[PDB]
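A short write-up of the structure that comes next.
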Amino acid sequence: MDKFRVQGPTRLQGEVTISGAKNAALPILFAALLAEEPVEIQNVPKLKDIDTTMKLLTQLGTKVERXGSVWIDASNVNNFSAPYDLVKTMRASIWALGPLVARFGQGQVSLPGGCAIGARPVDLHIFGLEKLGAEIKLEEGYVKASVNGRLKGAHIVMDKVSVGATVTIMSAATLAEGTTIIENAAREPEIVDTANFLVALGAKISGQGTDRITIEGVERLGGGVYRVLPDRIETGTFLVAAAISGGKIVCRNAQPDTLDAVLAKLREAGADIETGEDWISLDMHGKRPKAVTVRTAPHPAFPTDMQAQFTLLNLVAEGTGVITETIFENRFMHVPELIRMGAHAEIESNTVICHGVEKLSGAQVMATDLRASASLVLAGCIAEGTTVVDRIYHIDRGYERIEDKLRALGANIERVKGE
Ligand SMILES: CC(=O)N[C@H]1[C@@H](OP(=O)(O)OP(=O)(O)OC[C@H]2O[C@@H](n3ccc(=O)[nH]c3=O)[C@H](O)[C@@H]2O)O[C@H](CO)[C@@H](O)[C@@H]1O
Ligand SMILES: *[C@H](C)[C@H](O)P(=O)(O)O
């Protein structure tokens, strides 16, 4: 298993060009299963989840090719059962189900994998497809969906906010007979991006970005070209990298309006932030951040995908800060690893009480998920000495070229094979 060896401390400063969103590219690639004509999806990041997705689509009979763009021809899709080996390596695999049943009348997918930060059920996806008329049965380790003829539009009220289920329902609804109204829909920027990609193929969707999405089903979707929006979590990660290291960083190919809460929280921490149409700069002026209070919640509130990174920020900040995680139940394992690097924190139910220290110390650390792993690498950049972060393949799932980007910002980093 590869590891990153980091020698700190190093100020992280300069510029970085943000890649397309991991979490918009994924639902768009699965939505392309609905397309009868060639599709070109632009600005797709080179991530392990994207590679897994391309392999999964190919196994269903999709013809896929990629470079910066990914080309999809789903005209000959003819196998409606997704293989367990690909399905279980990430979360996005659940999105194959709705498109398959909506377009072909049937689809089978195993329970997904992905960030091991909670039980992460898919009951809401099941709920929504059933509301659209699909029969759902759990057999042989598969979630099997089927319908005789078209799905039927429905007024669907979500009992809980779910990014994934909102995408599943909105996507399947595009080929349903009639109108679907999703109430209490997730508002994430990736949902807006997926909706607009669907519309480019001929779908009729309005309300994306709000809590109510209305879809008017059509007979079929064609093809088209669509550019994936910038990755707000990769952006937030590098803004935090500047903030915790006293540097100034300018993020290019950014979309400022997807980060209102994160930018506001960084300003509370003392950051001097400026934004333009497609860029964001952050200058800490060499100053230590001020501790802040953070509570994760559905977009547009502070994102759980920036939680581990802000935990690191508070742990090197001046004063006592708070991190409250309301979305996932097992997303604090980066904490004991940072404590081994010298941090001071107490976990109390779904909250971490942070007591910032001036400097962290290098150590052999490991996280079992994407954002926590990236956070340990940032901690290594600012700690004194050598930090070795094990199992960094987790980072490959969500960051394109994090090694080259961090090195361009000043990091002393090396990828090693290790034992
Ligand atoms: C591939 C992708 O886009 N991943 C993102 C997506 O995941 P994901 O789509 O899984 O996020 P969800 O919004 O669906 O989950 C939010 C909450 O709802 C629960 N839930 C979800 C679905 C369901 O059927 N039942 C249920 O109980 C969850 O386990 C969690 O406690 O949004 C998360 C929250 O912003 C991000 O942190 C993930 O990086
Ligand atoms: C970590 C939560 C990743 O984004 P997912 O793909 O598993 O959701």
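Residue numbering in chain A adheres to the PDB entry, whereby the residues present occupy positions 1-419 in order. Counting starts at 1 for both ligands and their atoms, following the listed order. Side chains included, hydrogens not; waters and symmetry mates left out as well; all remaining heavy atoms used.
- The molecule at ligand 2 is the drug named fosfomycin (bound form).
- Bound to fosfomycin (bound form, ligand 2) with the largest number of contacts is the chain that UniProt calls UDP-N-acetylglucosamine 1-carboxyvinyltransferase.
- Covalent partner of fosfomycin (bound form, ligand 2): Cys115 SG.
- Annotation for fosfomycin (bound form, ligand 2): atoms under 4.0 Å from non-hydrogen atoms of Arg397 are 5 (P), 6 (O), 7 (O).
- The closest protein non-hydrogen atom to atom 6 (O) of fosfomycin (bound form, ligand 2) is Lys22 NZ, 2.8 Å.
- Nearest UniProt active-site residue of chain A to fosfomycin (bound form, ligand 2), heavy-atom distance to 1 Å: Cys115, 2 Å.
- At least one heavy atom of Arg120 sits less than 4.0 Å from an atom of fosfomycin (bound form, ligand 2).
- Counting only non-hydrogen atoms, the option in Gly114, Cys115, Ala92, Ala372 that gets closest to atom 2 (C) of fosfomycin (bound form, ligand 2) is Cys115.
- The deposit credits the origin of chain A to Enterobacter cloacae.
- As for UniProt UDP-N-acetyl-alpha-D-glucosamine-binding residues in chain A, a heavy atom under 4.0 Å from fosfomycin (bound form, ligand 2) is present in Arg91, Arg120.
- In summary, the atoms of fosfomycin (bound form, ligand 2) found under 4.0 Å from a heavy atom of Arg91, numbered by their order in the structure, are 5 (P), 6 (O), 7 (O), 8 (O).
- Filtering the residues that UniProt lists as binding phosphoenolpyruvate in chain A by heavy-atom distance under 4.0 Å from fosfomycin (bound form, ligand 2) yields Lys22, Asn23.
- Neighbouring residues of fosfomycin (bound form, ligand 2) under 4.0 Å (non-hydrogen atoms) are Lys22, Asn23, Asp49, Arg91, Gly114, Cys115, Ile117, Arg120, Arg331, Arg397.
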